[PDB]
Each structure stands twice: as C-alpha cells, then as structure tokens.
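This entry carries meropenem (bound form).
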Amino acid sequence: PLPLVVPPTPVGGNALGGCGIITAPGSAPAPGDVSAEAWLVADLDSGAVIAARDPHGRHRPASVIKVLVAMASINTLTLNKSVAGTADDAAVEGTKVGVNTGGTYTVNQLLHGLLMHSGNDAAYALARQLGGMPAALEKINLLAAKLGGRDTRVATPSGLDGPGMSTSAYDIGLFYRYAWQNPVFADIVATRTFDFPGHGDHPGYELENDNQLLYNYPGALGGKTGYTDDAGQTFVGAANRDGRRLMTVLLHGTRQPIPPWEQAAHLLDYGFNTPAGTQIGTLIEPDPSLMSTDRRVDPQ
Ligand SMILES: *C(=O)[C@@H]([C@@H]1NC(C(=O)O)=C(S[C@@H]2CN[C@H](C(=O)N(C)C)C2)[C@@H]1C)[C@@H](C)O
C-alpha cells in the first residue's frame, strides 16, 4: 500500500518536524536514560506539546494502538451489550484474557481485558462487534483521520504488525488525549483489578492491570504498554499532579537502560519540571463530531 501523504507543514506546528530532541529555548536537558527513538510529552488539558523527539517520525505502534478500537467501541457500542466469544478470538496470537466459545462478554468487560492486559482476543472480539475486521479497520482508520492522525494507518486493531501499519508519537498523543477526555476510558485505564467473567466450566478470575507506572508513579492515571519485533518497545502513560495533567508517549524504544515505564516516568518528571505554559507546538483538536454524543413510553 502507498505511504500516507506527509502534510506540507508538520501538524501541530513547524517545530514538530525535526529529528532528535526538541525542547523550548533555555529548558533543562532531556532525560538520558530514554531509549525511545521517538517520544512526546504533552498537556492533556491544554494540548500543549512540551517536548518531543522525532514527534512526526513514522513508526509502528504495537499494542498502544488499541486506544482506537477501544474508543470506536466506547463511542458506537453500548457498554452492557453482550458479545458472544468465538474460537477465532482465542485463535489470535499474543496475550489473551480468555475470550472464547461458550463465553458471553459485555463490551465493558472486553474493554477492561483489552486495556488492562492488552488482550488481543478482546480486540478481535470488539472488531467483529464493530462489523468484522474490514468494517472495524475502516472505522478505526476513520477515527484516526478524524482525530488528525495523518501519520496513522492501522493494519490491525490489536497492534500486531501488518502491511502499511504506521503511526507517530504525535498521533498516539492525539488519540490518547481524546480517549482520556472520555470518563469511561479514563476509569478503565486507572483500574487496578477487575472481575473478568468465566464461561462454562471456565471460572471467572481477577484481572490485574499490567501497567507498572500506575502502581509506582504518584498521581499516575495509568497507561498502555506495547512491543513487537518491528515496533520495539512502545509506551503511553499519564499523571495528574496538582491539576496539571501530563501525558508521555514513547515509540521504538528498548528495555535498556531501564524499563519502558521508568523511561516514561522520567519524561513525565521532565514535563512537570518544565515551566507551566511551555509549548513547542500543540495537539490539534478532534473533529467536532467526535466531541459530543447523539442519542416504552407510548400511551398505553
Ligand atoms: C502489544 O504490544 C502486543 C501484546 N500486548 C502486550 C503488552 O502490552 O505488554 C504484549 S508485549 C510484551 C511486553 N513485554 C514483552 C517484551 O518486552 N519482550 C518479549 C521483549 C512483550 C503482547 C505481545 C500485541 C501486538 O500482541
């Protein structure tokens, strides 16, 4: 498939087009124990990009791209709506939360499995519920486009590598800023333990959130991990300290010299350590249609 057009001016501001580390004039040096080849630090409320490295460079997202199938689902599917599991859901590769034949799962439960344990089976199930893989990918990429994600083409809902798969640290920032503005999404990613339904002879179990930033970083709102052979380590994390809500995105990193979540902690530290109002660019606003919602009693 042909590559996506590169915009004539970097989206969010001219400064966001460069390689390497971009910071406001006079600012402190960026953390040196970050191995992410691309990253972003941004304000969730104002949309200000505080600092970045190759923010518009194109890289694979791995599992952090799950934000799009999650929001497509939250937007268009009823939370208590029951979805029947299939063997196809269980047949997907990678991490799974136990979605299978003979199982019934609410969209809500699938979303917790999707986001707390990166359940690829939950992703696949939601994709069928969005109308099967072709329709799901069309909706996911429509959502990406309507959020201004002009670097983003999604090959799979789960983040598994596929032809044409691409995103940027900026775009991922766009997607998670939008997602964190939805209380349903916010609640889920902040959730430490969740009762996941069993099925048939399979019993329910307590699902735990895999995200270490959530446990170890004070003020953390949570986040999302990822890794594939092509993407390397990816990570999104956010925190609220004294009303300042910062987000960091990491792409194409490694687990050296410190784990990805700890690299993220340092970038968040760096972000809080920059003066408020600092801005090298902005996360552009979603299409207006994405920011509002469109919705027995007869005389008898
Ligand atoms: C998403 O990236 C893949 C899956 N989701 C998760 C996850 O979020 O942790 C894993 S990646 C897991 C992270 N730590 C491992 C690692 O760093 N190495 C093996 C080097 C892998 C799943 C694989 C989804 C695309 O399948």
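Quick note: residue numbers are just sequence positions, from 1. Going by what the header records, the deposited coordinates were determined by X-ray crystallography, 2.0 Å. Heavy atoms only: backbone and side chains are in, while hydrogens, waters and symmetry mates are out. Counting convention: from 1, in listed order, for ligands and their atoms alike.
Counting heavy-atom pairs under 4.5 Å, the chain with the largest count for meropenem (bound form, ligand 1) is, by its name in UniProt, D-alanyl-D-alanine carboxypeptidase DacB1. Around meropenem (bound form, ligand 1), within 4.0 Å by heavy-atom distance, are found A62, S63, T95, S118, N120, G159, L160, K224, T225, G226, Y227, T228, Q233, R255. Applying the 4.0 Å criterion to heavy atoms of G226 picks out, from meropenem (bound form, ligand 1), the atoms 2 (O), 8 (O). Against a heavy-atom cut-off of under 4.0 Å, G159 is close to the following atoms of meropenem (bound form, ligand 1): 25 (C). Covalent partner of meropenem (bound form, ligand 1): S63 OG. Heavy-atom contacts of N120 reach the following atoms of meropenem (bound form, ligand 1): 24 (C), 26 (O) (cutoff under 4.0 Å). Less than 4.0 angstrom separates atom 7 (C) of meropenem (bound form, ligand 1) from at least one non-hydrogen atom of the protein. Between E93 and meropenem (bound form, ligand 1), not a single N/O pair is under 3.5 Å apart. The nearest heavy-atom contact from the protein to atom 12 (C) of meropenem (bound form, ligand 1) is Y227 CB, 4.4 Å. Close approach to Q233 involves these atoms of meropenem (bound form, ligand 1), each under 4.0 Å from a residue heavy atom: 16 (C), 17 (O), 20 (C). Proximity to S63 (heavy-atom distance under 4.0 Å) selects the following atoms of meropenem (bound form, ligand 1): 1 (C), 2 (O), 3 (C), 4 (C), 5 (N), 6 (C), 24 (C), 25 (C). Considering backbone and side-chain atoms alike, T228 places every N or O at 3.5 Å or more from each N or O of meropenem (bound form, ligand 1).
Per UniProt, the active-site residue of chain A closest to meropenem (bound form, ligand 1) (non-hydrogen atoms, rounded to 1 Å) is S63, 1 Å. In terms of N/O distances under 3.5 Å, meropenem (bound form, ligand 1) is approached by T225. The shortest N/O to N/O separation between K66 and meropenem (bound form, ligand 1) does not fall below 3.5 Å.
For meropenem (bound form, ligand 1), the atoms lying closer than 4.0 Å to a non-hydrogen atom of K224 are 8 (O). Ligand-side atoms of meropenem (bound form, ligand 1) in range of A62: 2 (O), range being under 4.0 angstrom from any heavy atom. Under the PDB entry, the species noted for chain A is Mycobacterium tuberculosis.
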With the criterion set at N/O pairs under 3.5 Å, what does the list of contacts between the protein and meropenem (bound form, ligand 1) look like, atom names and distances included?
residue	atom	partner	partner atom	Å
meropenem (bound form, ligand 1)	2 (O)	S63	N	2.8
meropenem (bound form, ligand 1)	2 (O)	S63	OG	2.3
meropenem (bound form, ligand 1)	2 (O)	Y227	N	2.9
meropenem (bound form, ligand 1)	2 (O)	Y227	O	3.3
meropenem (bound form, ligand 1)	5 (N)	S63	OG	2.7
meropenem (bound form, ligand 1)	5 (N)	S118	OG	2.6
meropenem (bound form, ligand 1)	8 (O)	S118	OG	3.4
meropenem (bound form, ligand 1)	8 (O)	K224	NZ	3.1
meropenem (bound form, ligand 1)	8 (O)	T225	O	3.0
meropenem (bound form, ligand 1)	8 (O)	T225	OG1	2.6
meropenem (bound form, ligand 1)	9 (O)	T225	OG1	3.2
meropenem (bound form, ligand 1)	17 (O)	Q233	NE2	2.8
meropenem (bound form, ligand 1)	17 (O)	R255	NH1	3.1
meropenem (bound form, ligand 1)	26 (O)	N120	ND2	2.7

